[PDB]
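Lactotransferrin in complex with ketorolac.
Chain naming is simple here: A for the first sequence line, B for the second, and so on down. By the numbers in the PDB entry, the shown part of chain A spans 681-686. What you see of chain B is 342-676, where the numbers are those given in the PDB entry. For ligands, and for the atoms within them, numbers begin at 1 and follow the listed sequence. For the numbers below, each heavy atom of this structure counts, side chains included, while hydrogens, waters and symmetry mates do not.
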Amino acid sequence: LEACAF
Amino acid sequence: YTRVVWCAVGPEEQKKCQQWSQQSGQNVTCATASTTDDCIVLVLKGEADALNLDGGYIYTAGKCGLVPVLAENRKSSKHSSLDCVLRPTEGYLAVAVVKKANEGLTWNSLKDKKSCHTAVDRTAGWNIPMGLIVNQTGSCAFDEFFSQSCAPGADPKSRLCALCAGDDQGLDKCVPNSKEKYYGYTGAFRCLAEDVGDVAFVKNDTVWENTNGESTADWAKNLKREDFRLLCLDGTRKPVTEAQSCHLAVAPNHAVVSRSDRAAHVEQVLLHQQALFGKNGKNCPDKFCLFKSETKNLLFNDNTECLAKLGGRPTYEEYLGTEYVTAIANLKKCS
Ligand SMILES: *[C@@H]1O[C@H](CO)[C@@H](O[C@@H]2O[C@H](CO)[C@@H](O[C@@H]3O[C@H](CO)[C@@H](O)[C@H](O)[C@@H]3O)[C@H](O)[C@H]2NC(C)=O)[C@H](O)[C@H]1NC(C)=O
Ligand SMILES: *[C@@H]1O[C@H](CO)[C@@H](O[C@@H]2O[C@H](CO)[C@@H](O)[C@H](O)[C@H]2NC(C)=O)[C@H](O)[C@H]1NC(C)=O
Ligand SMILES: O=C(c1ccccc1)c1ccc2n1CC[C@H]2C(=O)O
Ligand SMILES: *[C@@H]1O[C@H](CO)[C@@H](O)[C@H](O)[C@H]1NC(C)=O
Ligand SMILES: [Fe+3]
Ligand SMILES: [Zn+2]
Ligand SMILES: [Zn+2]
């Protein structure tokens, strides 16, 4: 999926 | 009004950053973290402004909203009249390097061999060869492909860290910073030079800069280019003079990223800092050279001639290029 890893 | 806070990854970078800070009269100051991801988080918090990143890390940073500001530009050939700061970047060649004496190792016999990688998540060291290997094997179990590896940033008890050596005390095994003996381009190449690994995933420039007396470091000073071969994707092996026809990918140059709201100030300060400390800089070599660190590529690659302006105010996807971004995305589906 498409989000920031933190 | 305002100082730029650089993020240094590990203590060797922190030391170089501290010399830069002193010489710049605190126009630049330093935060430090143990890994590049932790630096990316310091910037997202606003506790640091910027750092220079491999393309794989630009992907992580860009998914989190950070933007490219200036790119490394190394010595060219064409575009000759153009000033380094205005010349378009050319990419570097990711390659797989082996010893010539390890005869009959090819791209198609890498399974179960020992590999050396710059770190997990970096372009030439990881995203390109592991992306190609997952694709070719039709399997996400890339952690079971090589019998042992050094891939800094992987689980230290796993076989992807089994060849990593840690620091001069033997601590910090596999940490993804320059205190790990086999970290980065020069660490991974050293891992092959010493025959800890059978293959190193690095870039073309690494092999050149650490052979034939181009490096005076103990481990490199006696290496000869002719003792190494590149692995081509068609299964052939070539001399390291042939990287233009025997590479895995062309990578986007390392680049500086920042929060979008500080990108213009970061850019201005960096252009002025490189006029002082850069390749022909007013105070390099007398006082401080921003693009030297005795081959250890600290903060920037030692081969950087300047940080260059980007054309088209690119987004991170535009800067990495659509194809690379899609390859990263595909490989990250495995984990
Ligand atoms: C590993 O395999 C995957 C699956 O094939 C590769 O992903 C694929 O990348 C290609 C080329 O970038 C994409 O192709 C198309 O390019 C045209 C235009 O130039 C564009 O119009 C299309 O939208 C499309 O992107 C393809 O879509 C993409 N496929 C998937 C499933 O995402 C990947 O590049 C391979 N990894 C490596 C390291 O080679
Ligand atoms: C592989 O990398 C090496 C090292 O950067 C490149 O060789 C350098 O290229 C520049 C410009 O062509 C020369 O002026 C330097 O003196 C070379 N350095 C050394 C140590 O030899 C080589 O061109 C690269 N190969 C490819 C195909 O890009
Ligand atoms: O996409 C490429 C490529 C070049 C040759 C062969 C295959 C791919 C590229 C090279 C250099 C660069 N790209 C994308 C933008 C740029 C950079 O530094 O960001
Ligand atoms: C510090 O920054 C200010 C404002 O740009 C400038 O006047 C001064 O020259 C800078 N000095 C150094 C040493 O980087
Ligand atoms: Fe890189
Ligand atoms: Zn190519
Ligand atoms: Zn654009």
All copies of ketorolac:
ligand 3
OK, heavy-atom distances under 4.0 Å: which other chains does that catch around ketorolac?
B
Identify which UniProt domain of chain B contributes most contacts to ketorolac.
Transferrin-like 2
Could you list which atoms of ketorolac come closer than 4.0 Å to a heavy atom of B/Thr430?
17 (C), 18 (O)
Under 3.5 Å between any N/O of B/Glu659 and any N/O of ketorolac: does that happen in this structure?
no
With respect to B/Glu431, determine whether any N or O atom, backbone or side chain, lies less than 3.5 Å from an N or O atom of ketorolac.
no
Within a distance under 4.0 Å of any heavy atom of B/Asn594, pick out the atoms of ketorolac and give their elements.
18 (O)
Under-4.0 Å heavy-atom contact between protein and atom 19 (O) of ketorolac:
yes
Is the contact between B/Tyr665 and ketorolac made by the side chain, the backbone, both, or neither, using heavy atoms and a 4.0 Å cut-off?
neither
Does the protein come close to atom 12 (C) of ketorolac - that is, does one of its heavy atoms sit below 4.0 Å from that atom?
no
Which other ligands or ions lie under 4.0 Å from ketorolac?
none
Looking at ketorolac, would B/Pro593 count as a contact under a 4.0 Å heavy-atom criterion?
yes
Binding-site residues: ketorolac, 4.0 Å heavy-atom cut-off:
B/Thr430, B/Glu431, B/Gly432, B/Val591, B/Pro593, B/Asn594, B/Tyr660
Which pairs of nitrogen or oxygen atoms, taken one from ketorolac and one from the protein, are under 3.5 angstrom apart?
{"from": "ketorolac", "atom 1": "18 (O)", "to": "B/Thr430", "atom 2": "OG1", "distance (Å)": "3.2"}
{"from": "ketorolac", "atom 1": "18 (O)", "to": "B/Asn594", "atom 2": "N", "distance (Å)": "3.2"}
{"from": "ketorolac", "atom 1": "19 (O)", "to": "B/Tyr660", "atom 2": "O", "distance (Å)": "2.6"}

